[PDB]
Amino acid sequence: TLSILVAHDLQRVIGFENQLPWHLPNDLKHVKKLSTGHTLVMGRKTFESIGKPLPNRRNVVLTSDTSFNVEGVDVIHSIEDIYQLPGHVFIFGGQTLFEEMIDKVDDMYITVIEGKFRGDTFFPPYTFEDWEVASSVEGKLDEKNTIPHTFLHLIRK
Ligand SMILES: NC(=O)c1ccc[n+]([C@@H]2O[C@H](COP(=O)([O-])OP(=O)(O)OC[C@H]3O[C@@H](n4cnc5c(N)ncnc54)[C@H](OP(=O)(O)O)[C@@H]3O)[C@@H](O)[C@H]2O)c1
Ligand SMILES: CN(Cc1cnc2nc(N)nc(N)c2n1)c1ccc(C(=O)N[C@@H](CCC(=O)O)C(=O)O)cc1
């Protein structure tokens, strides 16, 4: 299976100045639960903003840089390489990879952040006419998670 994994706000903002505009620990645990034991594919800027590979799963970075070699990271240089990765593969970001892959993935795990943040990078527009809602779960709010959010699993019709 080839899936998108993304958190975007009410206007589809995903990032600002190579960081996330929000901090939402529940969403990072969502990422950890979905992706532990599988594969993440991310663009070079997304990788550099995380700084290190995420533990207990395969980290694949797409870059044109043939000098890229990071301990604990597999490197690919073409979109077509993604289709050779075995197992459950999550397209992890950022804007460039989401734009390149949204028409190719089987399904999307989207966290809708119910706020309007300042952004400079966006998830591409999509319509529910193309996507069935396999599940929709409101995130629980607490002291450490103060922004309303919803976990959507969307499957291509
Ligand atoms: N909210 C979320 O769910 C989420 C998730 C992830 C990231 N983000 C945010 O998204 C933003 C980054 O997005 P972005 O679009 O600027 O960057 P990005 O997609 O993370 O990385 C772009 C880079 O990926 C490489 N790349 C992409 N397509 C390629 C291809 N077809 N062939 C070879 N290399 C390719 C290139 O690297 P080279 O230039 O090295 O060749 C390109 O410069 C940040 O703000 C980050 O915080 C948000
Ligand atoms: C900046 N970044 C990219 C990022 C952030 N939120 C997302 N949220 C969703 N839904 N999808 C993504 N693609 C996504 N990507 C990050 C930053 C930190 C960690 C991280 O430390 N995750 C730990 C969990 C951290 C924790 O337990 O609090 C993990 O094991 O995956 C993940 C991605």
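For reference, positions follow the sequence shown, starting with 1. Read the numbers this way: they start at 1 and go in the same order the structure lists the ligands and their atoms.
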Largest contact partner of ligand 2 (naming from the PDB entry):
Dihydrofolate reductase
Which option, methotrexate, mitapivat, ribociclib, esaxerenone, matches the molecule at ligand 2?
methotrexate
Which residues form the binding site of methotrexate (ligand 2) (heavy atoms under 4.0 Å)?
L5, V6, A7, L20, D27, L28, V31, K32, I50, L54, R57, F92, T111
Is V6 close to methotrexate (ligand 2), meaning an N/O of one under 3.5 Å from an N/O of the other?
yes
N/O separation below 3.5 Å, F92 to methotrexate (ligand 2):
yes
Do any UniProt NADP(+)-binding residues in chain A place a non-hydrogen atom less than 4.0 Å from methotrexate (ligand 2), and if so, which?
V6, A7, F92
Below 3.5 Å, N or O to N or O, backbone or side chain included: is there any such pair between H30 and methotrexate (ligand 2)?
no
Nearest to atom 24 (C) of methotrexate (ligand 2), what protein heavy atom do you find, and at what distance?
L28 O, 3.7 Å
For methotrexate (ligand 2), which atoms have a heavy atom of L20 less than 4.0 angstrom away?
5 (C), 6 (N)
Which organism does the entry credit as the source of chain A?
Staphylococcus aureus
Write down the UniProt domain of chain A that holds the majority of residues in contact with methotrexate (ligand 2).
dhfr
Test your reading of the structure: does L54 have an N or O sitting under 3.5 Å from an N or O of methotrexate (ligand 2)?
no
Backbone or side-chain N or O of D27 under 3.5 Å from methotrexate (ligand 2) N or O
yes
In chain A, which residues that UniProt lists for substrate binding have any heavy atom less than 4.0 Å from methotrexate (ligand 2)?
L5, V6, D27, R57, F92
Identity and separation of the nearest protein heavy atom to atom 16 (C) of methotrexate (ligand 2)
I50 CG1, 4.0 Å
By number and element, which atoms of methotrexate (ligand 2) are closer than 4.0 Å to a non-hydrogen atom of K32?
29 (C), 30 (O), 31 (O)
Would you mind listing which atoms of methotrexate (ligand 2) come within a distance below 4.0 Å of any non-hydrogen atom of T111?
10 (N)
Protein heavy-atom partner closest to atom 30 (O) of methotrexate (ligand 2) - residue, atom, separation in Å:
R57 NH2, 2.6 Å
